Amino acid sequence: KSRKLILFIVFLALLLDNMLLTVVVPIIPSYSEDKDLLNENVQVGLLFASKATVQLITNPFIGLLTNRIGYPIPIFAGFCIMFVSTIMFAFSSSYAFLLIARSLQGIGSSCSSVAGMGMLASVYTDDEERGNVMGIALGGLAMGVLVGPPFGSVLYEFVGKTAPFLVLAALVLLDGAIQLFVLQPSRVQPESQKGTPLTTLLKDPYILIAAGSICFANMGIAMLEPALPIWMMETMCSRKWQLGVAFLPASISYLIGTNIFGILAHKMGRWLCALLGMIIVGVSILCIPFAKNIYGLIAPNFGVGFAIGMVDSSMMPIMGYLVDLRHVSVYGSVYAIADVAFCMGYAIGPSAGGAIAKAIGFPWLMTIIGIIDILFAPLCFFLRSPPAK
Ligand SMILES: COc1cc2c(cc1OC)[C@@H]1CC(=O)[C@@H](CC(C)C)CN1CC2
């Protein structure tokens, strides 16, 4: 039982965090051109930036400690610091709550995302199994961002009060209970002692090319989402029906990307899904400067969400293959590098990177984050055969 059931646990533990981070979307409206939103965004920019820096600064401290504690207690902090955040939103009268309420969730996201991916890395040892399995587990992000806003928005308008958080606190304790049974995560058990120290993974070039590819893929969508024309007009008229829908294309395309390139990327060679993984991000972003209508953003969202899925699902199992080929196999830490790289685009990119566009115009910030991705694609020639220890 245990091998296969931990995929269902880590899928659900990624789904609920990725649904919870996204159900705040139709709530945000309570607080001349499609990219001028860079200037209106700054309040919303801080809601994307806060979760991702508090999650990012935590990744070394969860990833390192996972080796000392054992995996199960970090996954339980992943359920729990995210659950107490779910309950916190249920009486958020002001932005303050939202901002801090997010901060607690960031820690839960780390606790869940690093230790859960390390649990799949530890448990699924063969590359074909680990590719199919991590592609399906990363399908938790892709299903969470899709499922969450349509459900959250319909409850927020039709049922009212703060209902979309109480019904999610119902589903989060169901996952927490299923962890208490399936993992038996109430015991103190350490991992193989004094394994690879993170500075030595960070000084090996071959892990950086994979982590960098996971980061630079996310950076293209991280500048885009905070500054969509989705926040101001929606209060006034029946166009509010678009408030939850705008992520649906990027989050169907991620699902098919992480699900298909969970199986196919192993077979063709995963390096070609960083090369054709960031060529597609870059060219999909490069259609944004020719949009002048929100419908014109549906096409570039779909190729970004697909290509994010093709990179993540191909490069997350490369983290495991590299510690299995150049280092010592304790995955408490390498997934700390992979997850800060995933996360950092949302931490840094919206606000610190948003300062680029205001002096220049925003179609230049989008076109350049596009080229930085087509230029990264040939750098993965180092991942054809990482030379053995
Ligand atoms: C309201 O806040 C947030 C909203 C959203 C995200 C993150 C947020 O906060 C940090 C995720 C993060 C991801 O994983 C990407 C999934 C895509 C490729 C389908 C992009 N966006 C989708 C919406």
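Numbering of residues begins at 1 and proceeds along the displayed sequence. As a basis for the values below, the full set of heavy atoms in this structure was taken, side chains included, without hydrogen atoms, waters or symmetry mates. Indexing begins at 1, ligand by ligand and atom by atom, following the structure's order.
The molecule at ligand 1 is the drug tetrabenazine. Within 4.5 Å of tetrabenazine (ligand 1), most heavy-atom pairs belong to the chain that UniProt identifies as Synaptic vesicular amine transporter. Residues with a heavy atom within 4.0 Å of tetrabenazine (ligand 1): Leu21, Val24, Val25, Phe48, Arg102, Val145, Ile221, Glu225, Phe247, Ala250, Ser251, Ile308, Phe342, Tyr346. Per UniProt, counting from the N terminus, the transmembrane segments of chain A with a heavy atom nearer than 4.0 Å to tetrabenazine (ligand 1) are 1, 2, 5, 7, 8, 10, 11. Intersecting the UniProt serotonin-binding annotation for chain A with heavy-atom proximity to tetrabenazine (ligand 1) (under 4.0 Å) gives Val145, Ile221, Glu225, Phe247, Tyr346.
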